[PDB]
Amino acid sequence: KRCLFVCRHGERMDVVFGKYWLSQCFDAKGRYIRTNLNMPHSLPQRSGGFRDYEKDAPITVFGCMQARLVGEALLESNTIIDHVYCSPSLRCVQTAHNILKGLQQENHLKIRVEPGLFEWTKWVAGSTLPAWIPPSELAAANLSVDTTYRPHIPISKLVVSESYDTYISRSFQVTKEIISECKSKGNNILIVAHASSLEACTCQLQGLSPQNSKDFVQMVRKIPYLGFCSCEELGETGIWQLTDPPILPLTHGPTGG
Amino acid sequence: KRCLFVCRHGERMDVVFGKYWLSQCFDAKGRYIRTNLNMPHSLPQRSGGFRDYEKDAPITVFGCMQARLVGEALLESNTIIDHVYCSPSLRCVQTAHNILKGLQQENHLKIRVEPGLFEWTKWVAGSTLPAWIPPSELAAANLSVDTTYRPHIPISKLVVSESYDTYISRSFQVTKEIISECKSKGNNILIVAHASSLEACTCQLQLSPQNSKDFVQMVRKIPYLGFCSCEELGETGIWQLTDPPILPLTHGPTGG
Ligand SMILES: O=C(N[C@@H](Cc1cc(=O)[nH]c2ccccc12)C(=O)O)c1ccc(Cl)cc1
């Protein structure tokens, strides 16, 4: 077969509890005090204190469970994952790790943190990139990250508020580089990143021309949490095609009220 | 203090997947075939076939997690639940069970199924009540129900398309009958019912029950596993609302 799977990260803390979520779970002294059961028991310590979460928020408890279930669904369908890459966004690393937990592969597979899979940098606030936890420190928080992996696009080569074309171009360049270095090692590749990744990583893989920016944004906003798409290589053509994913979709509603 | 905990059931299968949800997860021959990871691995075989679900829908996978977490939160607060009662709706009994799982008390405790705790019957479709699974059949699905339990208001004594006055009374009466029999047994009692139940059961145990229009508004504002706490003001017999012993639970949808 040989497949490439691209899925979106889990439910975001800064979506459910809004842009001022740190207000609701950190006190004056900076102690994490959860005020909701959807908040995790504890948050990992960061190199810049809790304010590094403002532009790089973690997934919720239900975000972990979405990720666990997709992993459990891959195992149940005997869908073997040989390689896993993720965006350097904390929400993506956490999703990837929780998929490995559901996959029962926490202690075998080591996640390849690729900054080239970070979403369109136009969607970052201010004139500074997020303070992404380095692989070495993600590993030191139990998250099953490969600290050996050489990134195709380092953090230093990412542009602040890049053009649509810059984002689409690097998304394509990095996906071919990912595919190229996994030609030898294994069949199936899982990418855990953003809504934008599912289209930007696959669009030009099929030989097709990319969408215009406004069509792209509309496609991207219809992709749910842990939204999962699939690409099979057509023979040895080098072109890949989208296919019915190996697992069922995942749809739940809100808490309500 | 001596507490009464009233909480709504978990996420409904028939809300997420619509009114035609049996169309999506049952084929010609009545074989359950899930089409989404939020649908459970399997559904219990029902007395009168699969069509009995049409009016008594089960909670989703994420429905069970909502319940589990509420249960786990009760455990962590050092809150010992001494007696647990619930509506005869499958969603309510499934919620009740997953709270006991969350409490690590599936074996120790047994759920008291009370038809008197069922929601306002005006919200029933057709001219017939839902074909509820009897406490005997529920315990045969590994759901930790108390087959012993003598219901204060049995099914046969429930009126189809009842009035707002009849509901608040039967909700008030059953709550007192629940408080009465527990007096000695333990301290804290847990009701597991519907969005209506949280108001109807603790309104006049504290006040004049609100009008029908004001009620419906308050009900639709209560989330899945929404949780309120009442405590007896001494031995006076007048109970009052209090900041619950556990945090609330808020999550968004799948989206798109
Ligand atoms: O929903 C957010 N992000 C999106 C990407 C995204 C980001 C953006 O700025 N504008 C957009 C417009 C159209 C489409 C997508 C975007 C994602 O998760 O895929 C999001 C971002 C910040 C916070 Cl505090 C909370 C939530």
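The chains are labelled alphabetically, A first, in the order the sequence lines are listed. Just so it is clear, chain A uses the PDB entry numbers, and the residues here are 372-628, in order. Following the PDB entry, chain B residues are numbered 372-577, 579-628, in order. Each ligand, and each atom within it, is numbered from 1 in the order the structure gives. Keep in mind that the numbers below use all heavy atoms, side chains included, and drop hydrogens, waters and symmetry copies.
In this structure, the main binding partner of ligand 1, as named in the PDB entry, is Ubiquitin-associated and SH3 domain-containing protein B. The options were rebamipide, aficamten, bepridil, bezafibrate, azelastine; the drug at ligand 1 is rebamipide. Chains with a heavy atom under 4.0 Å from rebamipide: A.
Residue-ligand proximity, A:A566 to rebamipide, at heavy-atom distances under 4.0 Å covers atoms 19 (O). The PDB records the biological source of chain A as Homo sapiens. Closest to atom 20 (C) of rebamipide by heavy atom, among A:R383, A:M590, A:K593, A:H380, is A:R383. The ligand atoms of rebamipide that sit less than 4.0 angstrom from a heavy atom of A:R379 are 17 (C), 18 (O), 19 (O).
Result for chain A and rebamipide: the nearest UniProt active-site residue and heavy-atom distance (1 Å) are A:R379, 3 Å.
Within the set A:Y596, A:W494, A:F388, A:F587, the minimum heavy-atom distance to atom 8 (C) of rebamipide is found for A:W494. Between the choices A:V591, A:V386, A:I594, the shortest heavy-atom distance to atom 25 (C) of rebamipide belongs to A:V386. Rebamipide has no atom lying under 4.0 Å from any heavy atom of A:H565. Shown in contact with A:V588 at under 4.0 Å from a heavy atom are these atoms of rebamipide, numbered in order with element: 13 (C), 14 (C). Looking at A:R592 next to rebamipide, no N or O pair under 3.5 Å apart turns up. Around rebamipide, within 4.0 Å by heavy-atom distance, are found A:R379, A:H380, A:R383, A:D385, A:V386, A:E490, A:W494, A:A566, A:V588, A:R592.
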